[PDB]
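Chain letters run A, B, ... following the sequence lines, proteins first, then strands; residues in each count from 1. So how was this one determined? The header says X-ray crystallography, 2.9 Å. What's counted below: heavy atoms across the whole structure, side chains too, no hydrogens, waters or symmetry copies. Counting starts at 1 for both ligands and their atoms, in listed order.
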Amino acid sequence: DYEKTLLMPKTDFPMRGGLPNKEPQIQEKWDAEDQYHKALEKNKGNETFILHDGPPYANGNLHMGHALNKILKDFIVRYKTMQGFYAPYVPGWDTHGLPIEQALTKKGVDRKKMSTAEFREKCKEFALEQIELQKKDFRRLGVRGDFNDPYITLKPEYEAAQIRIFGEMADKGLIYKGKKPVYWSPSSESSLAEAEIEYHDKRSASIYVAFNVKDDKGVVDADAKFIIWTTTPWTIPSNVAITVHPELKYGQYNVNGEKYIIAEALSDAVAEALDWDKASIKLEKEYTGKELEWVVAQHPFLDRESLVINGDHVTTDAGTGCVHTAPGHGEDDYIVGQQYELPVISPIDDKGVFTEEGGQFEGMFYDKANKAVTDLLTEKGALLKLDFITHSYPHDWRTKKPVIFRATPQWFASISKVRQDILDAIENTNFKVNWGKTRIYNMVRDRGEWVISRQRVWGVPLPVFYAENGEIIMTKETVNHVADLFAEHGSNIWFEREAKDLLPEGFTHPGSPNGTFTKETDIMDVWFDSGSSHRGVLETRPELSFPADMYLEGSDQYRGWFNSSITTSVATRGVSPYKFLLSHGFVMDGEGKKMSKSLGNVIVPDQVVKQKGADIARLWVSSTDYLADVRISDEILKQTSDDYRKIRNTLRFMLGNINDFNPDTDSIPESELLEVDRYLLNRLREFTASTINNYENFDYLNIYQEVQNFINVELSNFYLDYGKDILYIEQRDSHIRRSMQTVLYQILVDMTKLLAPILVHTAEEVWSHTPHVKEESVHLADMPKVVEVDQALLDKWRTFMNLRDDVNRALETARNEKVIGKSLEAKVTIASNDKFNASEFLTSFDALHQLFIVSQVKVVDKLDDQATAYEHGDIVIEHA
RNA sequence: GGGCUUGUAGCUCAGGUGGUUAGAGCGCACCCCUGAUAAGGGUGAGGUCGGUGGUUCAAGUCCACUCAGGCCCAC
Ligand SMILES: C/C(=C\C(=O)OCCCCCCCCC(=O)O)C[C@@H]1OC[C@H](C[C@@H]2O[C@H]2[C@@H](C)[C@H](C)O)[C@H](O)[C@@H]1O
Ligand SMILES: [Zn+2]
């Protein structure tokens, strides 16, 4: 054959990647050479960019949401590291909380039998047993970071940071004591947490209590009377107010009885429940609960409380739009009340019994002594209204008895104080988008308060012991010694010994002048542990900085790690943790709905790296618009596979068609190239311009677009093909071949670097197969630089490339009739046209036949009617 | 229900300041190559823009309303 003495592409680079068998090994080497540090070595000094890592929970195996997140930060960090910045990424992990605990007994722990320390550990091995578990994944994603020496909220040094924050706050009047409502089961004498309760049918005594309106102000609007629906009985004796829904009300008002107030929404309902339609005799003088939102009335039981009014959000259906609110046994019931200095009624024993506030209620039952109780004061109190029924009332599993809301000693962070100091910061913090500022600027402006304590045994205990019988020791020195103590031993040294040997060595407080000391139990709400990232790590690892440049997490972090971090950061350094703040949506299924086993639509991470590899996973995340929930489906991945396939294949062609090329020696001066070679050079420039800018705005999707378009249209659909007649024929060192190779070497490599952060594996691969590249690893190479572009040229070829597209519809037609079949078989002839000056135009170009990969062409100035006219001239096609 | 939010071709995405026959790539259909071949080229067919009603001479692009989703509170 005449191909024996031909030129061909040669490289071991496979067409089919097989990343799953490939990626691992490639990692182990980066892990070998220890890139991460050397990454910092390279740069070192220079500028610096910090992307503080939000610590994911140390429990379970990573779901897609992580992948997106971590791959987005990896993109961000790598790129940066490539522009030279000293960007040390430091992975984090959440090790405290309650799941991690529930995930113990749900296996077979058997609580009571151990000891706090006897489980802290047994709820700490697991933690670390997870970190490793989840570490491999993140690593498996080619993500890059201090994984060998990450940070974890349970490290002795971390609590240090943990308590000081609290402390600094404390010593600024913010971390006080108080009371909030909490699920409770007297059949355990302790509290519970949602996950600890299931619901069943309880026989509740539905009642529409006849309440009376009164008092001048509470008389501002006529003087009828007040109804009120509540399915529980004892709730009432713990009275504080009534809140309608300002914006929909109509306090009705009506006949005989004593006239009654409710909402229009219920009017009928009410009557349909109290045999009231004893002639549906309409309403009179209807008010506006919206405004009414501040009246006053006194309720039966003993009404030695002027139950005011307020504006709540939602209360439709049920009974009278009255509600009856008691911030003691109702969560949302707790806020609306509280919002305006409203009490905290009857605590009610560790058992179903109360004491204070209760008249006869002193020694009662939580149930039956709430029942016949309802009675007595019903009639003999102002007469009322009653029903019986079955509900959906909560119960404590494991015991299966009932549970009830109760008041309980708790701690909080004065949000009210700080709100503002925060918001102001919120404003002076930048965002990838915009709605995020809003959303969060609003979270805070409605935040309310921060219950910062749980009765669990796994977490930084709040540093507070008592001594004065009034007690409450919590000031500097006392606080610190705890940190200056927690280090050498850990959050363990609290549950270790007694309050005594944990205070300021030989210290003594005026109160409890008996040397006796009682230390608090309550540990902190994990959002604190995590909220203290800017503390325990950003400001404590010599190679970082406090003002992290940008936090990057998912939309549910706007209240989570975002707020709890800034909320905390401010209350210490009165400034924002992060400078920039980028957010990302969730991962839905195909449609765009939630992923869940019960449906069978959950593309899990691992299962994918194992199938299509991770370089695919990455090219996917890049294909999405994270500014909103992103979609993943097996249909999606194929196209993602497809894409990666083309890309891979394309570097493959170049890799082998530069196999014999060698810059140092061969390359041609730009000044000395074939115009067409220049053209693409520039097109590699334009592309480099537009992609580095894209990288800068964290707009990858935009690259997934360009890279793609560029590859198909510019490379394969053209340059590469046209190039075949050069790279395969002309003497191995003919000025023509070497010219094209000179640009290809660049149209390549330079682009190899541009993809480095998104195709971490494949990048490195193409790198290993590229001659004389001067540096082991694409990931330790500065990115190509952005050079000015000879537009005027780019424009000519845009026109020429147009004309091309025409030269084809002219060919296909001709190729359809069989007049031709493989372009090279035809002789093209176009000429000036009244719609285009084809003649004088095609003057500059050369090898028009070659550019059109045909046999021949000729510009004639004129052609005849017979000649099928096109957009860029008059064309005609003919065999040989 | 509350704050914020998403809905354009099979798929991922574009579509200043409202304005001719709504774009890109992939994919697909078909023809060509078989000297990049578990590759390659060419051509073409697919959206009336979630729905409805308005605003304007004119709306995918502004208003309202509505259906379906999503994160977070309320439950
Ligand atoms: C985009 C995400 C989830 C998602 O898109 O959800 C994907 C779908 C869930 C998987 C379904 C599994 C099947 C179960 C079934 O049957 O339904 C959220 C991200 O997660 C990773 C990180 C988690 C840590 O919490 C964050 C922080 C900073 C705080 C300190 O802890 C990240 O910060 C972000 O939160
Ligand atoms: Zn049941």
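The compound at ligand 1 is the drug or drug candidate mupirocin. Ranked by contacts, the top partner of mupirocin (the one with most) is named in the PDB entry as isoleucyl-TRNA synthetase. Every other chain with a heavy atom under 4.0 Å from mupirocin is named here: A. Counting only heavy atoms, mupirocin sits under 4.0 Å from the following UniProt L-isoleucyl-5'-AMP-binding residues in chain A: A/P55, A/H66, A/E553, A/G554, A/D556, A/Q557, A/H584. At the heavy-atom level, UniProt-annotated ATP binders of chain A within 4.0 Å of mupirocin are as follows: A/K597. Taking every heavy atom under 4.0 Å from mupirocin, one finds A/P55, A/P56, A/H63, A/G65, A/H66, A/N69, A/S530, A/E553, A/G554, A/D556, A/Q557, A/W561, A/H584, A/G585, A/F586, A/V587, A/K594, A/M595, A/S596, A/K597, A/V602.
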